[PDB]
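The residues of the chain are indexed from 1 along the displayed sequence. When a ligand or atom number is given, it counts from 1 through the structure's own listing order. Recorded method for this deposit: X-ray crystallography, 2.1 Å. In what follows, every heavy atom counts, from backbone to side chain, and hydrogens, waters and symmetry copies are set aside.
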Amino acid sequence: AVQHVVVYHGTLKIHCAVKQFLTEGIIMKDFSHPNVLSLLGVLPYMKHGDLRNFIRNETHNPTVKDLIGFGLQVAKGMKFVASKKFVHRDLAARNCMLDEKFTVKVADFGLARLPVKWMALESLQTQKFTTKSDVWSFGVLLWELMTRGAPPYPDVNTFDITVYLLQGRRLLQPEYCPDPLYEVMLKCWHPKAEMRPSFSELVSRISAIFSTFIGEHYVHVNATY
Ligand SMILES: O=C(NCCN1CCOCC1)Nc1nc2ccc(Sc3nnc4ccc(-c5ccc(F)cc5)nn34)cc2s1
């Protein structure tokens with residue numbers, strides 16, 4: 001069963017990277033989606049590396065369309081993962097990768113595997129993780145995308161985040177976030193887990209927002225981040 005399955009550089013020609021083991025080898029191996037990082041048999045090399053570092057790179061010139069497009073690809077990847085009944089537990093821009101085609105692959109799962117500032121409130125309180133808690137995390141990722149990789153809740157110390165949130169607070173709208181995309185993030189952070197959108201609903205809502213843009217709005221980095 002692990003026979004059909006059979007960090008450092010490598011070749012096969014495909015360029016590659018290399019970092020119970022056999023069981024999860026098989027499990028990781030059957031997750032095939034273009035917005036999900038593959039097991040080659042050893043993972044494909046991602047030319048552009050992590051999503052967070054890429055958007056922070058002061059020499060890159062992402063547009064609003066570009067950033068929303070990355071968020072759309074994450075959502076497609078998570079829609080697939082969620083269909084397989086798998087919970088990520090650590091969705092963050094740091095855990096998403098970008099290839100030579102600028103295709104986003106959700107990574108940091110399986111063999112490649114507390115992120116308190118990305119955690120839903122019920123997970124901060126129960127230490128249990130669901131698909132609905134991934135959705136909350138996804139909303140924080142979108143906020144990362146729109147601020148070009150700013151750290152969330154900058155003046156909040158990890159520990160005190162649950163108290164902060166329980167005062168009635170959320171991340172503020174980034175300067176280059178469209179209003180409808182901020183409403184989407186607010187939905188992802190709905191206080192009741194069951195009221196949060198599914199990943200299928202997020203793919204749908206975000207693809208419509210994405211289609212309204214034409215690549216004319218350059219997103220700049222914030223000085224206070
Ligand atoms: O590094 C490059 N590309 C060059 C990047 N440069 C930088 C300077 O600008 C020019 C472009 N390709 C790579 N592919 C792969 C393929 C697999 C893996 S392991 C893995 N599995 N899940 C995850 C999830 C996240 C992270 C991660 C997090 C933070 C980081 F910082 C780097 C990697 N790793 N990870 C590593 C790499 S790294």
Drug identity at ligand 1: SAR125844
By the name used in UniProt, which chain has the largest number of heavy-atom pairs within 4.5 Å of SAR125844? Hepatocyte growth factor receptor
task = Report all residues and nucleotides of other chains within 4.0 Å of SAR125844 (non-hydrogen atoms).
result = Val7, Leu43, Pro44, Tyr45, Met46, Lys47, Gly49, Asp50, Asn53, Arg94, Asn95, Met97, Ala107, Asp108, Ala112
Who's the nearest protein heavy-atom neighbour of atom 28 (C) of SAR125844, and how far?
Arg94 O, 3.3 Å
*asked:* Which residue and atom name correspond to the protein heavy atom nearest atom 32 (C) of SAR125844, and how close is it?
replied: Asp50 OD1, 4.2 Å
Return the residue, atom name and 0.1 Å-rounded distance of the protein heavy atom closest to atom 11 (C) of SAR125844.
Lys47 O, 3.8 Å
**Asked** For atom 34 (N) of SAR125844, what's the nearest protein heavy atom and its distance?
**Response** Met97 CE, 4.0 Å
- Source organism for chain A according to the entry? Homo sapiens
Given the protein's heavy atoms, is any one of them under 4.0 Å from atom 8 (C) of SAR125844?
no
- Heavy atoms of the protein only: does one fall short of 4.0 Å from atom 14 (N) of SAR125844? yes
Quick test: of every protein heavy atom, which one is nearest to atom 36 (C) of SAR125844, and how far off is it to 0.1 Å? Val7 CG1, 4.1 Å
Nearest active-site residue per UniProt, chain A, to SAR125844 (non-hydrogen): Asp90, 8 Å
How far is atom 22 (N) of SAR125844 from its nearest protein heavy atom, and which residue and atom name does that atom have? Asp108 N, 3.0 Å
Review point. Which protein non-hydrogen atom lies closest to atom 20 (C) of SAR125844, naming both residue and atom, and how far is it?
Key: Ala112 CB, 4.4 Å
Legend entry - Proximal atoms of SAR125844 relative to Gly49 (non-hydrogen, under 4.0 Å): 2 (C), 3 (N)
Q: Can you pull out the closest protein heavy atom to atom 16 (C) of SAR125844? Residue, atom name and distance to 0.1 Å, please.
A: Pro44 O, 3.8 Å
Check: Which UniProt domain of chain A is the main contact region for SAR125844?
Finding: Protein kinase
May I ask you to check if SAR125844 and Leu43 share an N or O to N or O distance below 3.5 Å? no
inquiry  = Check this for me - SAR125844, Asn95, N or O atoms closer than 3.5 angstrom, yes or no?
reply    = no
Please produce the table of protein N or O atoms sitting under 3.5 Å from N or O atoms belonging to SAR125844, one pair a line, distance to 0.1 Å.
residue	atom	partner	partner atom	Å
SAR125844	3 (N)	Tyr45	OH	3.1
SAR125844	3 (N)	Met46	O	3.0
SAR125844	3 (N)	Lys47	O	3.2
SAR125844	12 (N)	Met46	O	2.6
SAR125844	14 (N)	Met46	N	3.2
SAR125844	22 (N)	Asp108	N	3.0

